[PDB]
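Structure (with theophylline).
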Protein chains: 2
Amino acid sequence: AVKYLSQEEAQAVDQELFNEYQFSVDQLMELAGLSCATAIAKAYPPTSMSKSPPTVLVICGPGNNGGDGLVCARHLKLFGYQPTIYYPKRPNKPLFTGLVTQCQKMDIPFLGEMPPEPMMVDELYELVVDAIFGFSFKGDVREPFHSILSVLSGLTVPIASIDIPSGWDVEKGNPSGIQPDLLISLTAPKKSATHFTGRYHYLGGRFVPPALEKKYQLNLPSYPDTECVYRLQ
Amino acid sequence: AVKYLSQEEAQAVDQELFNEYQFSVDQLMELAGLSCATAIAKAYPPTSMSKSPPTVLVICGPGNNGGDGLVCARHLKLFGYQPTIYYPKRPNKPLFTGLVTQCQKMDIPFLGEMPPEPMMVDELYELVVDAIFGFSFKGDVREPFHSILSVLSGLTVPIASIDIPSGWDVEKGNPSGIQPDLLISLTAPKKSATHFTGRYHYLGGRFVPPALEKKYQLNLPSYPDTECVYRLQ
Ligand SMILES: Cn1c(=O)c2[nH]cnc2n(C)c1=O
Ligand SMILES: Cn1c(=O)c2[nH]cnc2n(C)c1=O
């Protein structure tokens, strides 16, 4: 069966990838974000949703998970969804300034603020994508993210979390945290994923060189044909 | 029906993408190379090939098409193929030095030279990927590419060309050029694709913002579900 990583194991795999294999940051981020988008479309495809086009709020954090979120949003657009992004804290680097402009001229909107009540979120959006915190998260959940997460736990619409349900401890989880319905584990799942009890768990990030998989004994399952995601069960 | 571009139209679409939309070079190159790999796997999937794992020679040029080739090779590896790269002329930039190392630690080999007879190519490789020249090609086909193309036209195994059959005039074609069996048109097809008479023509590069498609009246067909390629016929 497939292996679930420690924060330490995953920080290590990630640094091989950029330092040894010399994969570039935005290369992998593109592929990670595509997988997210691809998991969401397979779990909640347009035909099955009530709105044509189905609506989605993508909430992006201040670090790389936020980045994956921006990329996901843009592929969601192309896959037939009507996404909206809340990106309250934006790092000033070209990486992120470029992902912002791309989404803008796709006509994907950026909310100036978070709807403060879960019911309004539920009414506006058929799905919320949690791209706030990922693998390297150590916090200390500070504002404005505490109250975002507090709105999220009152939602009736599904939450799709990228890599790690934000607010959960990367290894241990959080019983009183948000309880997503879809989780996209990128590269390899993290021990906190054994606490996941939603209906959909996909593996994404089809870019792990087989010698890395053999080295860290990841026992990655075989993605089918040309797919960039695989449903874990 | 879908539109076929002039060199001038495509140089323009490409420069919007990087200058206006601020898509990054390696972002799109990743997605282009993934589509190539995905077209090849759907046209010539492992189960249908005689070797397990099916073998492939990817021939990379000195410019961006070569880049797409390197990316294709690496996804081909993950998709279940045993690729080999001939990259005789290598630009010294991180972009390309990184794509080279990635392939190396995937255990994808780089030929020191081209097999000089088509029969040897046919015996070693079940498929040849032509990533030599693409859209911005103006040449003046110089060495060592003249003799590569001259080996290629004597092949019995299929050739898969990325974007433009190398040696063909980007608009007009070339009746006495190489005659690929698969063509992957990236972003949008080029007028030379109306001269293509092989069995497989896929469109790839699922990243065109709809307002660009509407502006340059590309009439892009609808890629199905989450696929990054579409078969044209
Ligand atoms: C292990 N690992 C991850 O868990 C992850 N999540 C997002 N990018 C990631 N990368 C690049 C990674 O190597
Ligand atoms: C139009 N066009 C192309 O035809 C192409 N081929 C490879 N990259 C490409 N890009 C980025 C592009 O914009």
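Every chain is numbered from 1 and lettered A, B, ... according to where its sequence line falls, protein lines coming before strand lines. Just so you know, ligand 1 is whichever comes first in the structure, and atom 1 is the first atom listed for that ligand.
- The chain sharing the greatest contact count with theophylline (ligand 2) is, according to UniProt, NAD(P)H-hydrate epimerase.
- Other chains making heavy-atom contacts shorter than 4.0 Å with theophylline (ligand 2): B.
- The deposited model shows no covalent link between theophylline (ligand 2) and any chain.
- The PDB entry names the source organism for chain B as Mus musculus.
- Residue B:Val13 has at least one heavy-atom neighbour below 4.0 Å for each of these atoms of theophylline (ligand 2): 1 (C), 13 (O).
- Given atom 6 (N) of theophylline (ligand 2), the protein heavy atom at minimum distance is B:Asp163 OD2, 2.9 Å.
- Interface of B:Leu17 with theophylline (ligand 2), defined as ligand atoms under 4.0 Å from a residue heavy atom, comprises 13 (O).
- Among protein heavy atoms, atom 8 (N) of theophylline (ligand 2) sits closest to B:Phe135 CE2, 4.2 Å.
- Theophylline (ligand 2) is contacted mostly by residues of chain B from UniProt domain YjeF N-terminal.
- Protein heavy atom closest to atom 12 (C) of theophylline (ligand 2), with residue, atom name and distance, is B:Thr187 OG1, 3.4 Å.
- With a cut-off of 4.0 Å on heavy-atom distance, the UniProt-listed (6S)-NADPHX-binding residues of chain B close to theophylline (ligand 2) are: B:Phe135, B:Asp163.
- Counting heavy atoms under 4.0 Å from theophylline (ligand 2), residue B:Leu186 touches it through both backbone and side chain.
- Among all protein heavy atoms, the one lying closest to atom 10 (N) of theophylline (ligand 2) is B:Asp14 OD2, 3.3 Å.
- Heavy-atom distances show that, of the K(+)-binding residues UniProt gives for chain B, none lies under 4.0 Å from theophylline (ligand 2).
- Distances from theophylline (ligand 2) to the non-hydrogen atoms of B:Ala10 include at least one value under 4.0 Å.
- B:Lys190 counts as a contact of theophylline (ligand 2), since one of its heavy atoms falls under 4.0 Å from the ligand.
- In this structure, residues within 4.0 Å of theophylline (ligand 2) (heavy atoms) are B:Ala10, B:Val13, B:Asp14, B:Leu17, B:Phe135, B:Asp163, B:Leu186, B:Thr187, B:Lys190.
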